[PDB]
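Shown next, in structure tokens, is the structure this report addresses.
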Amino acid sequence: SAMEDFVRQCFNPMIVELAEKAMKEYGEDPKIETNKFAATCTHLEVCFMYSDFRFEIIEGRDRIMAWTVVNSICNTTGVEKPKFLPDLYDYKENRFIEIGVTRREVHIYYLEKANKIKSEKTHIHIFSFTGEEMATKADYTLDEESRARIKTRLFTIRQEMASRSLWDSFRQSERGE
Ligand SMILES: O=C1c2c(O)c(=O)ccn2N([C@H]2c3ccccc3SCc3c2ccc(F)c3F)[C@@H]2COCCN12
Ligand SMILES: O=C1c2c(O)c(=O)ccn2N([C@H]2c3ccccc3SCc3c2ccc(F)c3F)[C@@H]2COCCN12
Ligand SMILES: [Mn+2]
Ligand SMILES: [Mn+2]
């Protein structure tokens, strides 16, 4: 697959390894669901970048470790345990964060995410590949420079896919029919 080749050339080996592990843990084959493989790598990279600017990283851990970290936070802050695994915890605002990366309009994916979690407590932050974002209460958490770095990386991934004639397939596989 050209998409598997792109993933393994354009993503940090650590990202690729963790995304492969996450897909295996969740019974999906990176070699068949190749766009999903690219999506999980992209989202992981965004989560790491976000956390790197205050934050505990939940994403990128095996499931048992992720819930272990979540439980430890809830025990030491009294924040309520989320029903679904979030991506980060914010020690400044004392709230979990769900990060979404979408090839669709940010408002659509935001509504989908917010409908899934139904827990107002978890903060939602959505990024598109063209510099758009939508966040709970229009509170973007990060400053403008950090969000800019994230947006630039996402756009770069999109243009790399476009250079390789991969973007259209990737864009159409996010939502089913
Ligand atoms: O943590 C996530 C997750 C998100 O954080 C997310 O934003 C969107 C989607 N997620 N999920 C995605 C995921 C993450 C990033 C990009 C696409 C996908 S698509 C389905 C899938 C995920 C992970 C492994 C796998 F094999 C999958 F099929 C699963 C949902 O259940 C808990 C873990 N997780
Ligand atoms: O900036 C960082 C970075 C730190 O600033 C840091 O404190 C710890 C770790 N970092 N790094 C990690 C990183 C940061 C946060 C959470 C997980 C990861 S894991 C691999 C990875 C990083 C960044 C982007 C990326 F695509 C990666 F695959 C890399 C080291 O050098 C260059 C940029 N960078
Ligand atoms: Mn996640
Ligand atoms: Mn997420």
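Each residue takes its place number in the sequence, starting with 1. As the structure lists them, so they are numbered: ligands from 1, and atoms in each ligand from 1. Per the header: X-ray crystallography, 1.6 Å. Computed from heavy atoms alone, side chains included, the values below leave out hydrogens, waters and symmetry copies.
Of all chains here, the one making more contacts with ligand 1 than any other appears in UniProt as Polymerase acidic protein. Out of emetine, tovorafenib, baloxavir, dasatinib, the drug or drug candidate placed at ligand 1 is baloxavir. At a heavy-atom cut-off of 4.0 Å, the residues contacting baloxavir (ligand 1) are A22, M23, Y26, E28, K36, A39, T40, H43, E59, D87, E98, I99, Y109, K113. Each of the atoms 7 (O), 8 (C) of baloxavir (ligand 1) lies under 4.0 Å from some heavy atom of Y109. Here's the thing with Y26: none of its N/O atoms is less than 3.5 angstrom from an N/O atom of baloxavir (ligand 1). The PDB records the source of chain A as Influenza A virus (A/California/04/2009(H1N1)). Among all protein heavy atoms, the one lying closest to atom 24 (C) of baloxavir (ligand 1) is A22 O, 3.7 Å. The protein atom (non-hydrogen) at minimum distance from atom 20 (C) of baloxavir (ligand 1) is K36 CD, 4.2 Å.
Checking atom 4 (C) of baloxavir (ligand 1) against the protein gives a heavy-atom contact under 4.0 Å.
For atom 1 (O) of baloxavir (ligand 1), a protein non-hydrogen atom is found at a distance below 4.0 Å.
Close N/O approach between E59 and baloxavir (ligand 1) is found [any backbone or side-chain N/O within under 3.5 Å]. Looking from atom 9 (C) of baloxavir (ligand 1) to the surrounding protein, the closest heavy atom is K113 NZ, 4.4 Å. In terms of polar-atom proximity, defined here as any N/O pair under 3.5 Å, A39 makes no such contact with baloxavir (ligand 1). Atoms of baloxavir (ligand 1) lying under 4.0 Å from at least one heavy atom of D87, given by number and element, are 5 (O). On a heavy-atom basis, rounded to 1 Å, the UniProt active-site residue of chain A that sits closest to baloxavir (ligand 1) is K113, 3 Å. Of all Mn(2+)-binding residues UniProt records in chain A, the ones placing a non-hydrogen atom under 4.0 Å from baloxavir (ligand 1) are as follows: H43, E59, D87, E98, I99. Atoms of baloxavir (ligand 1) lying under 4.0 Å from at least one heavy atom of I99, given by number and element, are 7 (O). Distances from atom 11 (N) of baloxavir (ligand 1) to the protein include no heavy-atom value under 4.0 Å. For baloxavir (ligand 1), the polar-atom distance check finds no N/O of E28 at less than 3.5 Å from any of the ligand's N/O atoms. Apart from baloxavir (ligand 1), the ligands and ions with atoms under 4.0 Å away are ligand 3 (manganese (II) ion), ligand 4 (manganese (II) ion).
No N or O atom of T40 sits closer than 3.5 Å to an N or O atom of baloxavir (ligand 1). Within a 4.0 Å radius of atom 29 (C) of baloxavir (ligand 1), the protein has no heavy atom.
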